[PDB]
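Sequential numbering from 1 along the given sequence is applied to the chain's residues. Both backbone and side-chain heavy atoms feed into the values below; hydrogens, waters and symmetry mates do not. Note that ligands are numbered from 1 as they come in the structure, with each ligand's atoms numbered from 1 the same way. If you're wondering, the header gives X-ray crystallography, 1.8 Å.
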Amino acid sequence: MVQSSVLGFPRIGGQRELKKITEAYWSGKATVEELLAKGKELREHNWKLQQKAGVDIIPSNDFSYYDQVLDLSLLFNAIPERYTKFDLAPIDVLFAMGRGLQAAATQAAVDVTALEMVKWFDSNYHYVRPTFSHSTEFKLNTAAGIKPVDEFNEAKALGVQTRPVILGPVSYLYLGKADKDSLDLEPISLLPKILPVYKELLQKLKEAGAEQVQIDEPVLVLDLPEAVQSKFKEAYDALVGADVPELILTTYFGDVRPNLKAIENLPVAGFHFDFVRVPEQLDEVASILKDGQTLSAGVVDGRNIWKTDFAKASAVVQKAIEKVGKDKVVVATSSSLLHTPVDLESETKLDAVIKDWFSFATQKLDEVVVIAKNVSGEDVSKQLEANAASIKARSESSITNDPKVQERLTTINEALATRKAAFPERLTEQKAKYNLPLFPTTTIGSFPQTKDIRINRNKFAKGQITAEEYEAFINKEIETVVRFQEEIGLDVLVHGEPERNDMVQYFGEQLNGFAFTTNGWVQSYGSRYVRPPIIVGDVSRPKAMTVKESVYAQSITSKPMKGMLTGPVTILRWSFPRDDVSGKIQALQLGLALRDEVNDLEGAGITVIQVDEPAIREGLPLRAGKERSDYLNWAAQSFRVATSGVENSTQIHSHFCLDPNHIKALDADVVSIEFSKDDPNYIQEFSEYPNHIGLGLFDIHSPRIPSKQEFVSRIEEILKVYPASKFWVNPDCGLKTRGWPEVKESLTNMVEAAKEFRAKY
Ligand SMILES: CN(Cc1cnc2nc(N)nc(N)c2n1)c1ccc(C(=O)N[C@@H](CCC(=O)O)C(=O)O)cc1
Ligand SMILES: N[C@@H](CCS)C(=O)O
Ligand SMILES: [Zn+2]
């Protein structure tokens, strides 16, 4: 009987219960008792769901109040000393590490900054960086409760035997970093210090009744130095024994084969591999399995929302079985379901035809169960036919296939992805048209939204005000924002984006080929969740998406007004993508759609246009090689397809917040980049690059208003390495999140600073 397995379950709650209780706890509205009770209710509900679905191997320890990686840091005492000085209980040290701590002045006021949040591989999840010192003393924090033991026992008392999930020692160290007081520390060097702590944990788990543990080593999908590769043998020889559970060494998101020698002689009880991302590694990883080791075949996607093709997924599982035996194969999710929304049944608005194409986390439980039944030999012909019916329906739908878009993709060529002239030529035309001063000043697009704008957006959404009346409210807010920038002397203006509530959905809703959810929430970081759009079909742009507000904003000033678009790569990366066509094709369709928009802005007199690509690094393939170099190429091509239809005197800006070669490949006239927190070398990499650059002069995610003189010095430092003729002056990013008084004196200072450089030059 081939078993089914789930690597982890989203913990947020089908009604975002976990957000609501954690935020109430942080705001003082809930007690720690109420927090802990809600966490227990969620874990019970999710274990029972899984048990009811028939899943054999059910996870525990996959729950968290903030981040599972930080949970391990608390558990092993990797807690920087600065957090321990406030008589905080362990849960509150946890939350301090994750989200910072502010305490009144007595001493000057406390503001302890959170530990760094880091992207978890190429997922859209973020973890809290494990942070280590020379003095770090790893040990089990017994008084804090031992989370994996306690949750295991909690499950067992409900009659649900689980498999605890922990991040393994190699990955945990390797993904961490040295704290500021220990900059010469290599985290992996600490392996002999942490191994005993994992061994004690594992002993305690075995003593509690856990017979198997899922031990995640996802760094096996990265390019690993040889000296790191040898550490798996060291680590797992130490851990495996009679006194601990069986270990299933678990990998996801990529290809382990370059590291196969590292895991070919381990004493573990089995492995898990991701055959959704890399089905082609099956043969080779199957080939190294020892006698009795088992193979967990990850065939239900943990990172996207499409209904699994049961035939194709069973076929992958069957190839494994043919190599190693029915007795030694498990059917699994490819990764944790952390990366999927909770339940498709919550959607109130999607048409049944489209819903039929989808499976969210709750549905994926049934999938792994049915697939394991099918390969075990049970008659699930009904479920298979029903599944094959669904698959076939999507394949043929006109929603998926738009022949006009297909025809347009064939038109893509070098000319479509190249400006009419190179930058030096273009610059001559732009100097004639705009005559911008040296050290031109600008901002990134968004400004603080009033309370009245947010109330009116709600009222418009109910028809309580007419479209005409909402437009008037938005234009009034644009006027205010333009008037402000004029009075303080900014040279290239923006409209403040009051009409936009999200950088991707604002465009998706106006594009064909997209579907949206009502409750499709995924954890991004802590209690901050995203509800990604879904790309369902071929993408096109029926009409103007942004032109009206930008033309209004340009109409009330003689200063150049930036139009403002999210780039194709970001819209793709922050959506659930199609799994039937490449990311490349999706990005090029998005590039063509955005080209119509750039073209329409230019035509309407908006001849300065910025394209925001915050998510460019985020799709970077995980290993060096052809995939990675292809991605950088198509990512740049898709941006160039969006932007290369314009006249030479039209000024294209790109905002990033990356490899300088890639930046240069976009051939933007002006770039802005987050830069206020680095190497003076990267700056010199664009010494001889003619196109212009604005390095962010202050942190928009903080609010400590820099003086005029503070700006002058930050600029003098860049000028030592960078010519004055190319330098633009701007903030790090948009100002949507900041308050007006901070915005106003900071901006006023920034301009006053630039003008001093204009006098000197
Ligand atoms: C790191 N980051 C940038 C980010 C990441 N992924 C995205 N994904 C999508 N689809 N759209 C975005 N605008 C987006 N932005 C984030 C992530 C979460 C929140 C956040 O606060 N979410 C709100 C709700 C977000 C919303 O309503 O759109 C919440 O309270 O849970 C903000 C910024
Ligand atoms: N134009 C956007 C960019 C966000 S990356 C803003 O200023 O908010
Ligand atoms: Zn930004």
Participant: By the name used in UniProt, which chain has the largest number of heavy-atom pairs within 4.5 Å of ligand 1?
Facilitator: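 Most heavy-atom pairs belong to 5-methyltetrahydropteroyltriglutamate--homocysteine methyltransferase.
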Participant: What would the PDB call the drug seen at ligand 1?
Facilitator: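 The PDB calls it methotrexate.
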Participant: With only distance considered, is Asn501 within less than 3.5 Å of methotrexate through an N or O on each side?
Facilitator: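 There is no such contact.
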Participant: When you compare methotrexate with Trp574, is there at least one nitrogen or oxygen pair between them that comes in under 3.5 angstrom?
Facilitator: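 Between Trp574 and methotrexate, an N or O pair is found under 3.5 Å apart.
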Participant: So, 4.0 Å and heavy atoms of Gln505: is methotrexate close enough to count as a contact?
Facilitator: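 No, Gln505 has no heavy atom closer than 4.0 Å to methotrexate.
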Participant: Measure the distances from the heavy atoms of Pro533 to every atom of methotrexate and state whether one is below 4.0 angstrom.
Facilitator: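 Distance cut 4.0 Å: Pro533 passes for methotrexate.
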Participant: As an exercise, identify every atom of methotrexate less than 4.0 angstrom from a heavy atom of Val530.
Facilitator: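 That gives atoms 6 (N), 7 (C), 8 (N), 17 (C), 18 (C) of methotrexate.
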Participant: Check methotrexate against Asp502 and write out every atom of the ligand that is under 4.0 Å from a heavy-atom position of the residue.
Facilitator: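 In order of numbering, the contacting atoms are 11 (N), 12 (C), 13 (N), 28 (O).
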Participant: Which atoms of methotrexate have any heavy atom of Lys19 under 4.0 Å away?
Facilitator: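 Those atoms are 29 (C), 30 (O), 31 (O).
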Participant: Consider every N or O of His126 and every N or O of methotrexate, then say whether any pair is closer than 3.5 Å.
Facilitator: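 By distance alone, the answer is no.
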Participant: Under 4.0 Å from any heavy atom of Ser524, which atoms of methotrexate are there?
Facilitator: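 That gives atoms 17 (C) of methotrexate.
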Participant: Define the binding site of methotrexate with a non-hydrogen cut-off of 4.0 Å.
Facilitator: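 Non-hydrogen contacts come from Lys19, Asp502, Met503, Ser524, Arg528, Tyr529, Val530, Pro532, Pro533, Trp574.
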